[PDB]
Amino acid sequence: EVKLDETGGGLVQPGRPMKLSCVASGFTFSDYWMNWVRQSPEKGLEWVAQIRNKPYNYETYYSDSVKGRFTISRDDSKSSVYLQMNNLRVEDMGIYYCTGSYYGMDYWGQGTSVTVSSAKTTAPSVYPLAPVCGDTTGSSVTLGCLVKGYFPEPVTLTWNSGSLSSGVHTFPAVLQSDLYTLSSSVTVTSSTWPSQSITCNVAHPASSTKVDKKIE
Amino acid sequence: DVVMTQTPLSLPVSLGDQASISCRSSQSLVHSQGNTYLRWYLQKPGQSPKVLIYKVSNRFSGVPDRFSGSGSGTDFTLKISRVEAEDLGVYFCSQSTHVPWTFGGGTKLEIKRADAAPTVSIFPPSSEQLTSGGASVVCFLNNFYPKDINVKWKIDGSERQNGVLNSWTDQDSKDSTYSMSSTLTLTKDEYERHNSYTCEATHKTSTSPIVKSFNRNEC
Ligand SMILES: O=C(O)c1ccccc1-c1c2ccc(=O)cc-2oc2cc(O)ccc12
């Protein structure tokens, strides 16, 4: 029975901010050793900040990576520790995890996500990628749907038409310069399904809107 | 920082098999008191990285029995003595003896199959794209194994462009295959400037390069 909770992250523009709030309910916050560790997406776990407790004077060390820029601090009870990234330099961008320690063990957060860009809530242009100078085509036809230059992060692809069991493989979106680019495909049948149909169905809650692109 | 590394970086095994994932270090994580500070993390998808083992030998509550921690000083090993799929994930070895505290690259547990060579598939710019002044041709290597491929793009027989958005997806459902989409983005200007577009990729199963091609003029 133990909880670490990373309370509040998000968007922030190359530059000068975000104070992060972790909360650990189910141990003597008091007597522990608390810290913040990260692993941007296309990043591995790296270790960021640590502070201790009474017996240790609440020592605090902070890694080079963000030493003198970042800061870790703590308040007992429904004890909330806090990192303070007033100074975000985008490579600082991943999930930031909160963690307890004690004798030898420790538990981790669910983590709070941090994305940082100068970009602006944009919308994706969506294109329909038709089996065009290819062979699988004829036997087995794959069609992709490209959805680009949207922002931020949460767009939804979805398929349609033709009519059966087909092989959709839609890849993790990636961050292009300052906006995301995504794609999807279906290996669907020859002409049977070709001749019937297939519609690419895309949407961004994230604001703007949901568009449809249709193969052919 | 202590160089805390892992061997291998990936691990293809099968549900019944067993693994030794290797972590070794900069110096012996043997602290004074409490002593050896080195932990073992399992991380499953979109998930927090739980730990299975602490201070080498200590297995942590719930951590299933099939799990063990060997080691001494600068050398460590964790062992699945039989991989249920639940065990599927990245395994990291961290050290809490020597500030700054460290995670190794992780070591990815994988179903070990046969199954495949990529079905490359190519796709020329869309009319609307073009009439967007934008032009990106696309390549998909679908359903391959083992993971390692390499994609390349060739304009007019001898290109290299910068404009590539490579995206990747591991499978953890049926066929145990991994797929890859790659994207060349250009101006409508460069697009109507070349004609011979090519997507050439080298793989395990390969021998010779796997290429797909199309021609502004014809394909
Ligand atoms: O191992 C400990 O005695 C201990 C007990 C409670 C809190 C922290 C520690 C602890 C350390 C205590 C003293 C010390 O010099 C070094 C410690 O290092 C730790 C590392 C951990 O990963 C996790 C815990 C520790």
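Chain IDs: alphabetical, in sequence-line order. Shown for chain A, in order and in the PDB entry numbering: 1-216. Numbering of chain B is taken from the PDB entry, so the residues present carry the numbers 1-219, in order. Excluded from the calculations below are hydrogen atoms, water molecules and symmetry mates; all remaining heavy atoms, backbone and side chain alike, are included. Start at 1 and go down the list; that is how both ligands and their atoms are numbered.
Lab note: main contact partner of ligand 1 (name per the PDB entry) = IGG2A-kappa 4-4-20 FAB (heavy chain). The drug observed at ligand 1 carries the PDB name fluorescein. Under a 4.0 Å heavy-atom cut-off, the other chains found next to fluorescein (ligand 1) are A, B. The PDB entry identifies chain B by the name IGG2A-kappa 4-4-20 FAB (light chain).
In this entry, the organism cited as the source of chain A is Mus musculus.
For fluorescein (ligand 1), the heavy-atom contacts closer than 4.0 Å come from A:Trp33, A:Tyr56, A:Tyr102, A:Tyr103, B:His31, B:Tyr37, B:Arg39, B:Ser96, B:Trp101.
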